[PDB]
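Structure with crenolanib present.
Following the PDB entry, chain A shows residues 565-612, 616-693, 762-931, kept in their order. When a ligand or atom number is given, it counts from 1 through the structure's own listing order. Looks like X-ray crystallography, 1.9 Å, at least that's what the header says.
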Amino acid sequence: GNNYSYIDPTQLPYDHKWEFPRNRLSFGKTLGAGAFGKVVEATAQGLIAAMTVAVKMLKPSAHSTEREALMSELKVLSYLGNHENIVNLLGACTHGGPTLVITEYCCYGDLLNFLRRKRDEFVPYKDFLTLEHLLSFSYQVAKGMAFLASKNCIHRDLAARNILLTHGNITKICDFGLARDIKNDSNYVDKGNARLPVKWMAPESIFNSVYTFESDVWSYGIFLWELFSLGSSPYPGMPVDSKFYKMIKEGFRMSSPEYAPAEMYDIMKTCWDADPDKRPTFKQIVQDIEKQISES
Ligand SMILES: CC1(COc2ccc3c(c2)ncn3-c2ccc3cccc(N4CCC(N)CC4)c3n2)COC1
């Protein structure tokens, strides 16, 4: 009985099959900077000639616990494996300097800014943005999240800003700094003291700091609202304050975006069930969207 346990991927050794020499890595422009650190475009010569990649790194002032967390994220990505709809791990630099995590590069950037740029040219039916594209995006994000859940992982920051768009209109979930394997407890209780994405969070995460497969599903529902509203900020007209929390707890939910199909707003509503047990799984969401695509 006690001779069997769940292998914790963050306790496994770093596998040097990922190691890439930093003297073949040339940094280009900065792609983003924030609590996650710094992300740059780069060329990784000979990782496969020259492929364009993204490289995540910490600020030079970073704490030892920040540095350990980047190593832990590397181990999580190493254990997770490859999927079409995530920003995949390609390599790392783990000695001779600060840790660098090398991942796929997505030339169109984040989906939120993409949507906000294409808002004015959007037309529901027929390059330009159409209802068909938005359904495809909903499907691909659900497939990436189903994959994470099939590996017993939660992302904890699902939002349009953390979805990237690459060639062929393929969407990829990015930023795994907060992702966790929850095989042992079937939840995660956040002990951190960082700023949190309150308007994307399930009420049980706000109130009790508990994260689960089902709280990722809540966030997916908020993502759907962002998507079909073409990049509107969620809960318009509502600051994050005592009024906001009271309303969410009492059962307030956002109305449908104008261009959301009724069956997609139906998914949103089940993602936001107050009872986590009544929310759908990503597996169920994928099957639902599949059938909507086929019926279109
Ligand atoms: C639009 C252009 C392209 O932009 C980009 C941006 C990030 C790009 C990118 C192309 N390929 C990849 N990544 C990544 C990769 C890992 C990341 C790990 C953590 C955080 C990230 N980001 C993106 C979203 C987040 N909300 C803010 C920081 C990350 N990004 C073409 O010139 C910019």
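The chain that crenolanib (ligand 1) touches most here appears in the PDB entry under the name Mast/stem cell growth factor receptor Kit. By chain and number, the binding site of crenolanib (ligand 1) at a non-hydrogen cut-off of 4.0 Å is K593, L595, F600, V603, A621, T670, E671, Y672, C673, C674, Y675, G676, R796, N797, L799, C809, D810.
Of the protein's non-hydrogen atoms, the one nearest atom 7 (C) of crenolanib (ligand 1) is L595 CB, 3.8 Å. Scanning the protein for heavy atoms near atom 12 (C) of crenolanib (ligand 1), the closest one is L799 CD1, 3.3 Å. The protein atom (non-hydrogen) at minimum distance from atom 2 (C) of crenolanib (ligand 1) is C674 O, 3.8 Å. The shortest N/O to N/O separation between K593 and crenolanib (ligand 1) falls below 3.5 Å.
No covalent bond joins crenolanib (ligand 1) to a chain. There are UniProt ATP-binding residues of chain A with a non-hydrogen atom under 4.0 Å from crenolanib (ligand 1), namely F600, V603, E671, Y672, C673, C674, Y675, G676, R796. Scanning the protein heavy atoms around atom 29 (C) of crenolanib (ligand 1), the nearest turns out to be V603 CG2, 3.8 Å. In this structure, the protein non-hydrogen atom closest to atom 16 (C) of crenolanib (ligand 1) is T670 OG1, 3.9 Å. Of all Mg(2+)-binding residues UniProt records in chain A, the ones placing a non-hydrogen atom under 4.0 Å from crenolanib (ligand 1) are as follows: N797, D810. The protein atom (non-hydrogen) at minimum distance from atom 4 (O) of crenolanib (ligand 1) is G676 CA, 3.5 Å. Closest to atom 22 (N) of crenolanib (ligand 1) among all protein heavy atoms lies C809 SG, 4.5 Å. When each atom of crenolanib (ligand 1) is checked for a heavy atom of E671 under 4.0 Å away, the hits are 12 (C).
Of the N or O atoms in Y675, none lie within a sub-3.5 Å distance of an N or O in crenolanib (ligand 1).
Of the residues UniProt marks as active site in chain A, nearest to crenolanib (ligand 1) with least heavy-atom distance to 1 Å is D792, 7 Å. Of all protein heavy atoms, the one closest to atom 11 (N) of crenolanib (ligand 1) is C673 N, 3.0 Å.
Most of the interface of chain A with crenolanib (ligand 1) sits in UniProt domain Protein kinase.
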At less than 3.5 Å, what protein N or O atoms come close to the N or O atoms of crenolanib (ligand 1)? Include the distances to 0.1 Å.
| unit_1 | atom_1 | unit_2 | atom_2 | d |
| --- | --- | --- | --- | --- |
| crenolanib (ligand 1) | 11 (N) | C673 | N | 3.0 |
| crenolanib (ligand 1) | 26 (N) | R796 | O | 2.9 |
| crenolanib (ligand 1) | 26 (N) | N797 | OD1 | 3.0 |
| crenolanib (ligand 1) | 32 (O) | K593 | NZ | 2.9 |

